[PDB]
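Record below includes salicylic acid.
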Amino acid sequence: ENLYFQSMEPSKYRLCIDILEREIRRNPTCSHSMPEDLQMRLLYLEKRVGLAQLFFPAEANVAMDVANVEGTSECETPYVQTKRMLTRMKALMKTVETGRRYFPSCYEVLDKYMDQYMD
Ligand SMILES: O=C(O)c1ccccc1O
């Protein structure tokens, strides 16, 4: 269906997200480092971004729109299957980096929460 928005809200939001995405390609302290093991890094990112949506739905969904998470699938030829996981990991990571940059007070809450899994 096609709807007429005289205030162009959907389109204004798309321009904002694009300004946020661009403003980081160009141009809050954390308590731990993410796992170096790539499988564990993926699992860590899935848990953290999933918690961001539960604790901070609007902030999370802004960061995920900046990161383009909506294309990706949660965790055919193996080349493209693994590229899917890599693409998912890149977007989860960009979500976290966007939260760190624009929602620092959310990031510090999620940083203390994820520290409990780190040791
Ligand atoms: O993971 C975070 O620290 C975070 C913070 C705000 C929004 C999205 C996020 O993933």
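Numbers here simply count residues along the sequence, with the first being 1. Ligands are counted one by one from 1 in listed order, and the atoms in each one are counted from 1 as well.
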Original post:
By the name used in the PDB entry, which chain has the largest number of heavy-atom pairs within 4.5 Å of salicylic acid (ligand 1)?
Top reply: Regulatory protein NPR4
Original post:
Which atoms of salicylic acid (ligand 1) have any heavy atom of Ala63 under 4.0 Å away?
Top reply: 7 (C), 8 (C)
**OP:** For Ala52, counting its heavy atoms only, list the atoms of salicylic acid (ligand 1) lying under 4.0 Å from any of them.
**Re:** 8 (C), 9 (C), 10 (O)
Original post:
What organism does the deposit give as the source of chain A?
Top reply: Arabidopsis thaliana
Subject >> UniProt salicylate site of chain A, residues within 4.0 Å of salicylic acid (ligand 1) by heavy atom >> reply: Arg48
**OP:** Examine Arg100 against salicylic acid (ligand 1) and note whether any of their N/O atoms are separated by less than 3.5 Å.
**Re:** no
**OP:** For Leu110, counting its heavy atoms only, list the atoms of salicylic acid (ligand 1) lying under 4.0 Å from any of them.
**Re:** 1 (O), 2 (C), 3 (O), 4 (C), 5 (C)
Original post:
Heavy atoms under 4.0 Å from salicylic acid (ligand 1): which residues of other chains qualify?
Top reply: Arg48, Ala52, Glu59, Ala60, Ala63, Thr95, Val96, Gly99, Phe103, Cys106, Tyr107, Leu110
With the criterion set at N/O pairs under 3.5 Å, what does the list of contacts between the protein and salicylic acid (ligand 1) look like, atom names and distances included?
{"residue": "salicylic acid (ligand 1)", "atom": "1 (O)", "partner": "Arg48", "partner atom": "NE", "Å": "2.7"}
{"residue": "salicylic acid (ligand 1)", "atom": "3 (O)", "partner": "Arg48", "partner atom": "NE", "Å": "3.4"}
{"residue": "salicylic acid (ligand 1)", "atom": "3 (O)", "partner": "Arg48", "partner atom": "NH2", "Å": "2.7"}

